[PDB]
**Q** 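Complex: nilotinib : Proto-oncogene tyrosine-protein kinase ABL1.
Index from 1, following the sequence. As the structure lists them, so they are numbered: ligands from 1, and atoms in each ligand from 1. No hydrogens, no waters, no symmetry mates; every other heavy atom, side chains included, goes into these values.
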Amino acid sequence: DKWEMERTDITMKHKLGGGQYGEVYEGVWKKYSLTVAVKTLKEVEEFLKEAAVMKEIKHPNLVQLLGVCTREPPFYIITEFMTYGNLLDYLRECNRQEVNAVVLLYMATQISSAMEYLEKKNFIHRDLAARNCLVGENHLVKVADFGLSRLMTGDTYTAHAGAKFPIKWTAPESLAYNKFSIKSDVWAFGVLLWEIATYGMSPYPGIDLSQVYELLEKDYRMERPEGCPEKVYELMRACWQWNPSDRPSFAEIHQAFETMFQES
Ligand SMILES: Cc1cn(-c2cc(NC(=O)c3ccc(C)c(Nc4nccc(-c5cccnc5)n4)c3)cc(C(F)(F)F)c2)cn1
């Protein structure tokens, strides 16, 4: 296994994000004095599944697997470390003059490119959201999956069907039937686009979780955010079509963002 690496090659430092990611630590890969992120096992089959899945996925806009220590405990998964951290906090904390409308569009385009690649792989993300994306230099954005549903405080994730779901990002068939697919990822992408356009406001503001499904079923959808371009809102609306087969593919979504970005 070319992925196995020397646990000793890594100096472990502090928990990242002051603990909001669980057992993930800042590390230095001494061999290259490279700051990395290291997820450790504090659920063994689930952790090894994560590592195996990450070996088969590779894209400029997906978080980069660098290695694993799974030959003996405690197991590690090591990825690149993204300077600016998670997209949700980034948006909330940014200088909006720097991170302006053209930049927002560029972020969305990058996310759609990763999703297009995952769609080509028949890979189902299941938890697409700003909280699961990372920001690097020059507004580089990558999709990731921090396995947040058991750690996160608040009512982001709530009890549903025996697990915890981010109800407000979840497609109606995924809520009702536990049916997840590339098209439920498209639905969540539309919510992500609204997160981006509002610089990380919480979706369906003020609307209790217990009422969301019934509203959606009556064709209630979030309104266009202030200053979100019309074409971008049109794409949100398409992503939130009730019937999954009515939603666009990520190939179509990426092409549309590419065209809009070219024209800006
Ligand atoms: C069974 C299974 C697994 N996955 C899946 C796992 C991941 N993993 C991580 O992103 C992940 C794993 C380990 C580490 C160390 C990291 N890196 C990490 N985790 C938390 C925070 C940070 C961080 C914070 C601030 C600055 N830089 C990095 N990095 C990511 C990523 C994906 C995705 F999105 F790409 F498809 C999918 C899906 N199904």
**Q** So, nilotinib - where exactly in the structure, counting duplicates?
**A** ligand 1
**Q** Considering non-hydrogen atoms of the protein only, which is the closest contact for atom 25 (C) of nilotinib (ligand 1), and what is the distance?
**A** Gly85 CA, 3.8 Å
**Q** Among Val143, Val53, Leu118, which one puts a heavy atom closest to atom 2 (C) of nilotinib (ligand 1)?
**A** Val53
**Q** Does nilotinib (ligand 1) have any atom sitting under 4.0 Å from a heavy atom of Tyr84?
**A** no
**Q** Check whether any N or O atom of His125, backbone or side chain, sits under 3.5 Å from an N or O atom of nilotinib (ligand 1), and answer yes or no.
**A** no
**Q** Point out the residues of chain A that UniProt assigns to ATP binding and that have a heavy atom under 4.0 Å from nilotinib (ligand 1).
**A** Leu16, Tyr21, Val24, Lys39, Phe81, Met82, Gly85
**Q** Measuring heavy atom to heavy atom, which UniProt active-site residue of chain A lies nearest nilotinib (ligand 1), and how far away, to 1 Å?
**A** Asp127, 7 Å
**Q** Heavy-atom contacts with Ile77 under 4.0 Å: which atoms of nilotinib (ligand 1) show up? List them by number with element.
**A** 13 (C), 15 (C)
**Q** Curious here: most residues of chain A touching nilotinib (ligand 1), which UniProt domain are they in?
**A** Protein kinase
**Q** What protein heavy atom sits nearest atom 18 (C) of nilotinib (ligand 1), and how far off is it?
**A** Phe146 CE2, 3.9 Å
**Q** According to the PDB, which organism is the source of chain A?
**A** Homo sapiens
**Q** Which protein non-hydrogen atom lies closest to atom 36 (F) of nilotinib (ligand 1), naming both residue and atom, and how far is it?
**A** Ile57 CD1, 3.4 Å
**Q** Checking the N or O distance criterion of under 3.5 Å, is nilotinib (ligand 1) in contact with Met82?
**A** yes
**Q** Please list the nearest protein heavy atom to atom 12 (C) of nilotinib (ligand 1) with its residue and the distance rounded to 0.1 Å.
**A** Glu50 OE2, 3.2 Å
**Q** Provide, to 0.1 Å, the distance between atom 38 (C) of nilotinib (ligand 1) and the closest protein heavy atom, together with that atom's residue and name.
**A** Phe123 CZ, 3.8 Å
**Q** Return the residue, atom name and 0.1 Å-rounded distance of the protein heavy atom closest to atom 34 (F) of nilotinib (ligand 1).
**A** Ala144 C, 3.0 Å
**Q** Given that the side chain starts at C-beta and the backbone is N, CA, C, O, which of these parts of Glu46 lies under 4.0 Å from nilotinib (ligand 1), counting heavy atoms, or is it both or neither?
**A** neither
**Q** Nearest to atom 14 (C) of nilotinib (ligand 1), what protein heavy atom do you find, and at what distance?
**A** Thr79 CG2, 3.3 Å
**Q** Tell me which protein heavy atom sits closest to atom 37 (C) of nilotinib (ligand 1), plus the residue, atom name and distance to 0.1 Å.
**A** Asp145 CB, 3.7 Å
**Q** Extract the binding site of nilotinib (ligand 1): heavy atoms, cut-off 4.0 Å.
**A** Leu16, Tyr21, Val24, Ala37, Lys39, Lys49, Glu50, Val53, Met54, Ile57, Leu62, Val63, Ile77, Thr79, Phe81, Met82, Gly85, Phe123, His125, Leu134, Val143, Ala144, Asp145, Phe146
